[PDB]
Amino acid sequence: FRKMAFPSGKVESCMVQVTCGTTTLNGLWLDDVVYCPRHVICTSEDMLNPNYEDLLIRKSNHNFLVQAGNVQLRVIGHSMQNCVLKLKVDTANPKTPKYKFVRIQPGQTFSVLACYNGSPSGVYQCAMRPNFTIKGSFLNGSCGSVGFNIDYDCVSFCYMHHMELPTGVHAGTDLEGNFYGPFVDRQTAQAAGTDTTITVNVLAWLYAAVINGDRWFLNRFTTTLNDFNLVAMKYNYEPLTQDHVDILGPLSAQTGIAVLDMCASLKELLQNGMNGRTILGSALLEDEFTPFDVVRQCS
Amino acid sequence: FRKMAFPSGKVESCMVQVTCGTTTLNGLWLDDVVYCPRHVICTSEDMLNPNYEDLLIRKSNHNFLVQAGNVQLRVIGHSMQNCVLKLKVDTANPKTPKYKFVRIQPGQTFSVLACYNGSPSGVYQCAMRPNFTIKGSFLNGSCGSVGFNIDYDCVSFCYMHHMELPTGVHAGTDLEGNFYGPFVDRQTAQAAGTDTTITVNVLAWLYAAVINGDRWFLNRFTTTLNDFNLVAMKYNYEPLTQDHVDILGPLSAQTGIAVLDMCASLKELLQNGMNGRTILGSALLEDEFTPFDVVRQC
Ligand SMILES: *[C@@](O)(CO)[C@H](C[C@@H]1CCNC1=O)NC(=O)[C@H](CC(C)C)NC(=O)c1cc2c(OC)cccc2[nH]1
Ligand SMILES: *[C@@](O)(CO)[C@H](C[C@@H]1CCNC1=O)NC(=O)[C@H](CC(C)C)NC(=O)c1cc2c(OC)cccc2[nH]1
């Protein structure tokens with residue numbers, strides 16, 4: 001069992017570099033449009049106190065330097081959708097995959113293709129936290145990197161990167177330019193709401209541990225859904241819904257462990273700690289695997 | 001800091017499926033050769049005690065079904081090199097990257113592109129353990145999946161998947177078909193040697209902690225390489241080689257902490273534990289980040 005990402009080839013073929021004067025970041029080239037974070041139009045001074053509509057009307061198409069590898073792409077139009085800039089270019093991307101733009105729900109997972117200067121660098125799996133941050137690995141020049149899922153040859157783009165919070169977690173938008181969470185694309189220190197643990201994902205991960213032979217945390221107790229949620233909320237875990245219980249069905253069916261029985265194990269874990277033992281080699285309870293992630297990897 | 005796979009697109013364009021009879025696995029299509037595990041030519045029953053030489057003499061070019069997607073690549077030549085089959089096909093792969101075949105050392109990390117029926121399924125980072133297994137994630141149909149590194153748009157292929165041990169770890173070959181470790185490609189339960197901790201990678205991780213301002217564990221002592229190697233073995237840690245000392249060079253230079261000073265700090269952690277303290281947010285010492293991974297990810 002590993003943290004596994006989608007193969008990144010279909011997205012790699014779409015990454016380009018976008019530059020305005022001194023400011024450079026990544027864009028996503030689909031058909032004849034390049035999508036990128038709108039703050040590419042900002043100078044350093046602009047970023048402190050931007051008026052985006054004001055700065056954009058003053059830009060000309062020839063101010064935008066778009067590079068796909070060695071080839072420059074001529075910008076022939078531009079518009080702004082929330083925090084995303086849409087650059088019309090004179091060439092269609094011949095490797096545009098079947099794709100969709102989706103806004104994901106907290107607790108869902110996606111793969112991140114970290115890019116720098118339009119060049120793909122690494123791929124890794126992230127979850128949208130309940131407080132709408134993501135725990136990513138992003139350096140200077142990573143803005144415009146995207147997150148995505150792949151479902152039978154179709155790429156669902158869900159995340160475009162904009163920001164690293166003082167706490168080292170990250171914040172960004174969907175491909176409609178709308179931030180996840182209460183953040184803004186301005187050069188200021190911003191805090192997120194208090195984070196919580198994604199309970200349904202922890203449970204999926206415990207089932208993964210059982211599937212892979214580690215059972216030490218199981219017990220003979222059970223619990224009602226409500227009494228589990230009482231303890232979970234006490235430890236800053238998200239509540240578990242009956243929808244979540246149903247989504248855990250296949251993993252319950254596979255292991256022969258009723259969902260509310262695994263809840264009783266998790267309750268004991270939260271109240272007792274792991275006593276220095278590990279689960280799937282982790283000293284901490286892991287909450288960035290969805291039930292579908294576990295089902296896909298373990299079957 | 002977290003584990004990152006390489007972007008997999010250059011390798012995805014090289015994945016094909018190879019079928020003999022009803023037996024299908026994955027192959028790697030570079031120029032006009034497809035590389036794949038030789039046990040594709042086994043029936044379910046021959047895998048118990050296979051005579052690959054005798055099994056291959058019954059085989060002809062036209063018995064091999066090679067497909068890129070649903071498109072057949074006609075096989076025009078075949079040969080066996082150790083545990084891989086090399087199938088020459090009539091079409092040179094137009095997406096062949098710059099590539100090399102390399103045999104990695106224990107401790108080295110690489111990205112694995114897990115594939116099923118020639119269809120890439122996922123990508124993740126792996127380290128070769130000192131006992132020559134990898135802690136992978138593989139299901140039925142995964143054989144022929146490859147592991148690789150990318151250095152300046154050149155793909156270094158280092159692993160082709162063959163086997164899952166009873167303990168749930170994985171074993172395979174380099175792309176010349178030579179197993180890492182004492183494993184053989186037959187349908188038998190095989191055991192790996194007892195595993196050890198990858199000392200050079202733990203040290204790289206301590207340097208990354210230092211680079212990030214987490215340096216409480218730096219002590220006032222130094223050690224000789226030989227003294228350290230002897231104590232490290234008492235804790236089931238790998239001994240350091242001269243090559244290990246040299247690849248820690250850049251990180252030592254960046255932090256101003258001599259390699260042997262860091263070894264003395266690690267030795268104190270081994271003899272005394274962490275005393276409830278963490279390093280880079282972990283109570284456990286991480287050993288699957290190489291010095292290159294620390295440089296790359298910073
Ligand atoms: C993009 O590369 C920018 O084009 C960059 C990515 C981050 C740099 C380091 N790691 C990253 O993920 N983004 C930024 O620099 C953004 C730009 C905004 C949206 C205009 N800003 C921040 O991430 C940012 C600003 C501040 C800050 O101010 C003052 C104070 C504290 C944190 C902080 N983060
Ligand atoms: C390839 O897919 C096979 O072409 C398959 C991959 C493993 C299946 C489950 N997870 C995997 O990684 N490989 C095998 O089935 C190989 C085939 C050999 C090389 C001919 N065999 C094993 O991995 C294997 C056999 C046995 C065994 O016997 C009896 C007993 C215990 C473990 C075991 N593993």
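Here is the naming used below: chain letters follow the sequence lines, and residue numbers restart at 1 for every chain. Each ligand, and each atom within it, is numbered from 1 in the order the structure gives. According to its header, this structure was worked out by X-ray crystallography, 1.8 Å.
- Present at ligand 1 is the drug PF-00835231 (bound form).
- The chief contact partner of PF-00835231 (bound form, ligand 1) in this model is named by UniProt as 3C-like proteinase nsp5.
- Counting only non-hydrogen atoms, chains lying under 4.0 Å from PF-00835231 (bound form, ligand 1): A.
- Measured between heavy atoms and rounded to 1 Å, the nearest UniProt active-site residue of chain A to PF-00835231 (bound form, ligand 1) is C143(A), 2 Å.
- Nearest-heavy-atom check against atom 27 (C) of PF-00835231 (bound form, ligand 1) across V169(A), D185(A), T188(A), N26(A) picks out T188(A).
- In chain A, most residues contacting PF-00835231 (bound form, ligand 1) belong to UniProt domain Peptidase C30.
- Per the entry, the source species of chain A is Severe acute respiratory syndrome coronavirus 2.
- Heavy-atom distances between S142(A) and PF-00835231 (bound form, ligand 1) reach below 4.0 Å in at least one pair.
- According to the deposition, the covalent link from PF-00835231 (bound form, ligand 1) ends at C143(A) SG.
- Closest heavy-atom approach to atom 17 (C) of PF-00835231 (bound form, ligand 1) within the set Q190(A), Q187(A), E164(A): this belongs to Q187(A).
- In this structure, the binding site of PF-00835231 (bound form, ligand 1) at 4.0 Å (heavy atoms) is formed by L25(A), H39(A), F138(A), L139(A), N140(A), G141(A), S142(A), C143(A), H161(A), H162(A), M163(A), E164(A), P166(A), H170(A), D185(A), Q187(A), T188(A), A189(A).
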